[PDB]
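This report concerns only the one structure given below.
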Amino acid sequence: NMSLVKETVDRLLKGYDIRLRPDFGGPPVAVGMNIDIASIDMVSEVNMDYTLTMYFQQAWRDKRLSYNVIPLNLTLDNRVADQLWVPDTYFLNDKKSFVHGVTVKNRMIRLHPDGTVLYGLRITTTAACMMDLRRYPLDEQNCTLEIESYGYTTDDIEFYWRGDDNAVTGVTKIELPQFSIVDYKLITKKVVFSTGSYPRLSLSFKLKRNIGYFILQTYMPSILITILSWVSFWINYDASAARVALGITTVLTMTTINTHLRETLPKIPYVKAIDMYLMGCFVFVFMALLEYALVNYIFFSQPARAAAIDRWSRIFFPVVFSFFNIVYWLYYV
Amino acid sequence: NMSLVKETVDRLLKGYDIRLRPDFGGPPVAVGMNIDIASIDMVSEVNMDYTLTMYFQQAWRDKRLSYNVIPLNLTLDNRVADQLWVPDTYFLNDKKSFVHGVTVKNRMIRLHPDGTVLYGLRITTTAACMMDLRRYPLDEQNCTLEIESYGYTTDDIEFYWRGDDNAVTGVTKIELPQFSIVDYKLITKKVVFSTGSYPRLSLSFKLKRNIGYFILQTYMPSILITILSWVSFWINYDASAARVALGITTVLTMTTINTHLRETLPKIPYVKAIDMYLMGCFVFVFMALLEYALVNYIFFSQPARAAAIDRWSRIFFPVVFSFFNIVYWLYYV
Amino acid sequence: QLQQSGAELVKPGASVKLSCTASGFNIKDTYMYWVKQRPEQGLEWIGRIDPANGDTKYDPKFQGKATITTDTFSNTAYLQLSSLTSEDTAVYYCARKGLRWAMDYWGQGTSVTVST
Amino acid sequence: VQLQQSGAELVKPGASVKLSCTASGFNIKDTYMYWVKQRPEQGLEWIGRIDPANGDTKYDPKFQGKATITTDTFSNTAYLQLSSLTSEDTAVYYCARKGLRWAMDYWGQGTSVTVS
Amino acid sequence: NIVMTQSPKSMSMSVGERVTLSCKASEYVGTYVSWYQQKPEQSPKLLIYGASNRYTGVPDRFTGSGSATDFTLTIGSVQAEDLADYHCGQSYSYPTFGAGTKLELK
Amino acid sequence: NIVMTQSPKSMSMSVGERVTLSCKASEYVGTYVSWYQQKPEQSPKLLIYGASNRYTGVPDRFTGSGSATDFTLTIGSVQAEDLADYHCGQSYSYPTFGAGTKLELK
Amino acid sequence: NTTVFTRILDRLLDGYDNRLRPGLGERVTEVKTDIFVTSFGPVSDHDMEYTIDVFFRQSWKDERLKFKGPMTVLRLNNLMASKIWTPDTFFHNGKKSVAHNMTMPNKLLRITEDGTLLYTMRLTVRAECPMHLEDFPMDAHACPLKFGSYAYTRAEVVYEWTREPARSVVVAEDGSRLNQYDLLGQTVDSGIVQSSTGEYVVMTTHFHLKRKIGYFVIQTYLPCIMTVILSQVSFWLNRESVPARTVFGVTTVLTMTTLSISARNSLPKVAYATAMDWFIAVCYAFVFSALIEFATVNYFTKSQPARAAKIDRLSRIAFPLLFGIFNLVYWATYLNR
Amino acid sequence: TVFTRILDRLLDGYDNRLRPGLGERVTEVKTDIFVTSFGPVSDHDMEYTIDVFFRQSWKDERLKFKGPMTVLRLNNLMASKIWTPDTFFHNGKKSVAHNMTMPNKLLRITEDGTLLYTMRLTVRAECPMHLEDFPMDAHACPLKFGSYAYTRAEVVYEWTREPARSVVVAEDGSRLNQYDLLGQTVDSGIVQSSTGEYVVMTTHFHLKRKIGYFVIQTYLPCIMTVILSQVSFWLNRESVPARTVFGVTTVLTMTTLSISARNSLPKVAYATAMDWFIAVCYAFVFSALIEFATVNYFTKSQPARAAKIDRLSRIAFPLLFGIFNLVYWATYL
Ligand SMILES: *[C@@H]1O[C@H](CO)[C@@H](O[C@@H]2O[C@H](CO)[C@@H](O[C@@H]3O[C@H](CO)[C@@H](O)[C@H](O)[C@@H]3O)[C@H](O)[C@H]2NC(C)=O)[C@H](O)[C@H]1NC(C)=O
Ligand SMILES: *[C@@H]1O[C@H](CO)[C@@H](O[C@@H]2O[C@H](CO)[C@@H](O[C@@H]3O[C@H](CO)[C@@H](O)[C@H](O)[C@@H]3O)[C@H](O)[C@H]2NC(C)=O)[C@H](O)[C@H]1NC(C)=O
Ligand SMILES: CCOC(=O)c1ncn2c1CN(C)C(=O)c1cc(F)ccc1-2
Ligand SMILES: *[C@@H]1O[C@H](CO)[C@@H](O)[C@H](O)[C@H]1NC(C)=O
Ligand SMILES: *[C@@H]1O[C@H](CO)[C@@H](O)[C@H](O)[C@H]1NC(C)=O
């Protein structure tokens, strides 16, 4: 009936002291957290942060809110969320987060006959995780989300997932455009700060980059120019201007490609792998130009030395380049 | 004592009507404003706006807040500012401003035994001042800020600075990254709108440009490119492809310089000064290329004519170019 | 709904005052217009008055020859002509603004005759 | 406002002596307590710091394990305890309170400890 | 100053005939033209206020069509007493009036 | 650990003469020094706390000057009672005190 | 003292139910509107939206608020505006708007002795206007702004203008801050919009805009004209000097490509074909045809050089004629509009 | 039950507007900071983000009670009712006090009456920088906070612990993309403004720039292209067109490299220390080009002076180059 539920809610809210958490003098009150991730919008390297949207759900047993008249599960309008007690929970490493309000503020309050309260939000968080880009692009990230309690010490509150295997859902359906999920882990800890010991949970999942895309875009032009620089050797040493044309154009094109790739890639002001590779190729074409210049200098005295140096260069350069590439790709991958 | 101040404040705020300002029936109230500028963050030409942070203080005599028991100057909490009357004062040409709320809403309320209320804010205002870039980069801006009472006509409220020489402080310590402060003035006006006559205060400070850094980055490349035309003139008349290639290179370099500078300059429709300078240099190198084209075309008739035209151009261009630069720098300065 | 004075005959060069009395509403809400009509010719606009602020607008060709003033207590408008010649002998109407700026309600009209 | 200390002490080597300073005019729980020894005709030298709030005590690394500071908030007193005394340990002892940018403004009259 | 041109000058049509009168505005006037009817020796009355809107107490035979600069008043079955002067006046600016149209039975 | 140095060791000045005492700190100390005056067989008192702040009940002749690692106590008019030991002790870290200066009348 | 006014105000607000509008069972409530534009903000083509800064004024007669007192005109504080009835007026096509809250809510409430409430706000309105960019950059388009009542049919609330409509929307002289466009005039109109719920009165205001051409004169047109003239000049040089003419033809096409990239950068994506794109396509086609002619001459010089010289002279005397003719036709066509 | 009475009795007859001891002694507030993570410093706007825990403690005499708890951990809700000192950051551009799920403010009440009040903040402070030493610069960014609307007579700030140990930075959290955190320094001062004398707590964070990137970024291409301009001398003088192309290529590469370097350099009126090295590296190429031009001129009249100029340039250029490099690298570090 209507009037029974009305008077039950009225007698529950009457004489309710909000600022006193349940079981004030007794044992800590357990709080179970449950997360349903809808999507991960974007994962940036410039700002070192990722955006996620999730459904956050907290369940806690509360002896004050308890009724035995009606067997139904009462669900209240979200306006009641202010009058009841709610555990304060702050994400430690979020930079800007807001609860979605479209038609109303998206939060649900669901009571129970035995006193268990279920409280749900819909949260969008721009969390921050440090990205180690030494091995960029081929790297693995370990971005996390850290949950804690800010008001109550470990003596008053306890945090635990409601089934470790089924705590976090929807991860398989997540589809990052440039990355791909590999695995996720759930952790429960206690952190010591200067005012006490505070409980915490951690939801941490790996991210692996896709190698297939970056190769064609970045590495192919440099390798093509480096290989095409070698055609300089097959030309006869008589045609000086013709060979110098290639020996110059290769270096100029390498510099231009370096500048373009610097403009395109996400700016990060410390050493990364692709810079090492481009510098290696640049040094190779520079050394080709240098050896031909030396040949042209010592050519007038003895031609046999020139033919010998040309043969040595032909038989040595590709071997050194292949060795360098093999060492590189074996050390990184 | 404490109880004395408690009961005094409690009996003051009781029976106090916030809707009506002091002296509702008779003479107008007196309001004194005392700005203190902290810093001018950024001055953008793209949007034509200048962000600025200020401590904004208003003092006025309110009779209903008159107490005689306590000799102290009461300094109530900031919350009390929601109960006392406060004159509504809006900036006229702002686009987006917000009072800082780092720890609390930064407002200061300071009473007095005779009722001289003092009310303070810390405001960050993004105001918009129309900028003329005809004389760019050598230009003077006159950016202002305007203050008006939105709800009370000159029959109700009055505005006057608390001593002009000490009205606005902290301007000397301001160190803009690009511009330079010259002078600031404070004006009192009455603006007539459709509904009535409203008071207005105006605070306006000039801004001068630092021509030193801006000359070195842009004005030298044009001279360096134009020198290439003279260098081409000093070439023997027999060689044709080399000098034609030099002229084409100068034309392409002038075009690329124009494009790059436009990509770096603040985009505005009307023609600027540096555009006139670049157009002059482009016309000069284009005339040099056309001159050598004519030389190559009329070379088969008689080489004496070719050498004569070369000598004429060599003795002609370096004087006309310097005369043009003379007129330029004497017209824009 | 609207009341006006009767016909008026005046000698040339002498000012005359005409009255328009509203009934059933307060003119402080709406404007008041004045229109003149010569025999068998098109209508012509003289000017309008806003009782709230007392501001008045006149047709430039009739400017300086007519003055419109209102009294809210008597709820009446008054059109005082200047020295008028034998030319402007015509009918006069006072009108109120309507829904979409149409002069809906009109007085019965008064005839101003000039003769020596 | 005022600090009181015990009388002069005489102790033979190899024994422990206890010094206590009592504070009147303020609760100890508010500010810290500082103990500083000073030898005859030499510069002041710090011994230890105690905080009544948490009971945390910090010692000069050369005296770590040789002195112990305790606070009794009920009796509103501070207690210093020395061990393994030598003839070189003889010096005057001062108990002080910090305030106004860590000035150590109020000191006790001073207790004298002689080893023989 | 805005000037109005009313057409035709005068017209004579018998009972039961569709009649159309046109009003042309020099400058812009947006849906503020009104159409007034005046019988001889009587004060003018309001027939159409705005465009295609009928004042209360007017028969449904009168219709109006509007635009930016062209306006049209249309009568269907025309009774005996409907002959009278018609004026199209605009009030977008300081109001002005057309020359007027006199309608007479044949 | 932070160590203080005080100069001069022992100086003798006559009545009515300006006196300067210098205190140099090895590490950085951000204006947290304090100056203590100790009479013979008495308990050290406080003269200057921080930099250039006079404790209540202290004559105005004493002045202090501070910097990052250089501090100076300046006495103008000097009396007979003003002669006593002076210590400069810093509290930026765990507190320590300088060697001390002995001042005797001549 | 102020106690008289406080008692008057408390007797006034007593029993005043804000959920109801003035004159419910009686005649319809009539609201009079006015707009004073302090500044006309920057018009963005990429979003096709224009910002405007207005002083929105409304006035309506209300019977319950009349009083008898000495003041005869009450200028009340802003916070009282929420207690009395206030007609809702949402701009029909506003993408996102913001009412300033600088140091106190920008609202003014003025109550006369009769009961004629005046209520004004300050607004920054960001409204969308569809555009026809076919005539770009010679375009001239009008951006509208339509506001009407909400949750109230035409039977209950009717909007009118305070003064003669031509002088209702008033724009300040120095207020116009338009970097690129130019303001011509303003026009107003009243209308009725019929929907599933009912009929709603709607006030429409058009602001006419025109675009300055000076920027695009030196931006893209002059580069393409100079490039056409340059590429045509190459036909006068001797055909023996091959590398110079080849470098010439290559540089012309490369500059044309960069110019086309910039021109495509100029405007947001549209299905239409812009006039500037038409001009640039013809310019590029001309320089490319000239390069093709040079190439075929260099290939043909070996078989029959006399015909090659005739072809060169004919191209010299033929190309500038067609170029100038097309330029005249295009400029006349788009300037006459 | 009992706690509700204990809690209502305190707030009964309590007025938040008056700070403790209005006519009594001054209030002494102790402050402590815990910098969770040091945000990314920016050079274009000269601002740095920081994420902090902010703890304050003052002795409030009126809230003393007696109960079984001896420490009350209250919800954030009661923070608004008691007095709370307003502490604002003197140079914060726009901070934000996080309220993730409930306002992140912890309040603790001791039995004696010593309140504790901690918040979580994100502050975007501004520090002026000096780039005359760029990229070898080392500068310190300050963070100054103080009271508002309280003179020195009313509120005094102190550090809760020994000042060297007050500001504590978490080791893992401190993330800087480009710079490298070095150390912390604290200070107390008195600032005098128009309203009165305020006490100000200052904390400098020292920063030093990482250099490993700009070595392989700009300096190495410049040195390599200068060495290439040097090798240009070794080329046989006979292949004149090849030598001209070799000279022009270095200039084109210098132009491209200089534009790429300017793209990343922060816009300042000062002449950065890197621009002098860039100017020298750019001038040596033009010097070599002028030498080659003078050789091409002299070769016709006399071969002896041509060979002598070649020899002297070869023996002279790298010596001065190395001397300048030594001076440059010795001056700054
Ligand atoms: C990403 O980084 C986090 C940060 O450390 C990694 O979390 C670490 O995970 C391991 C394995 O789950 C934890 O080891 C645990 O040690 C306790 C000691 O009693 C043991 O009982 C557990 O069975 C487990 O072995 C480790 O504590 C934890 N780090 C911290 C600081 O707690 C995480 O593994 C990294 N990778 C991913 C995919 O998240
Ligand atoms: C920047 O622009 C503002 C306005 O755009 C200028 O403010 C104007 O300054 C003049 C003074 O040069 C004012 O004239 C004054 O008139 C009063 C009338 O009684 C009288 O005291 C003097 O005759 C005085 O000349 C003018 O009112 C004022 N405002 C305007 C024109 O709107 C300002 O001078 C410009 N420059 C700077 C550095 O601010
Ligand atoms: C399809 C259901 O539509 C609504 O529920 C609705 N809600 C508000 N309005 C409508 C009607 N509608 C499509 C409008 O555009 C409109 C136009 C008005 F002038 C005033 C109100 C509304
Ligand atoms: C209420 O929720 C509980 C959750 O376990 C469930 O067991 C119970 O069946 C629900 N009540 C009804 C009436 O469905
Ligand atoms: C209160 O402020 C006035 C204004 O200067 C000042 O004269 C007075 O001394 C102040 N009162 C106290 C107690 O300082």
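Residue numbers start from 1 in every chain, and the chains themselves are labelled A, B, ... in the order their sequence lines are given, proteins ahead of strands. Atoms within each ligand, like the ligands themselves, are counted from 1 in listed order. Keep in mind that the numbers below use all heavy atoms, side chains included, and drop hydrogens, waters and symmetry copies.
The name given to the drug at ligand 3 is flumazenil. Most heavy-atom contacts to flumazenil: the chain UniProt names Gamma-aminobutyric acid receptor subunit alpha-1.
By chain letter, the other chains having a heavy atom closer than 4.0 Å to flumazenil are G. With heavy atoms counted under 4.0 Å from flumazenil, no transmembrane segment of chain G in UniProt's N-terminal numbering qualifies.
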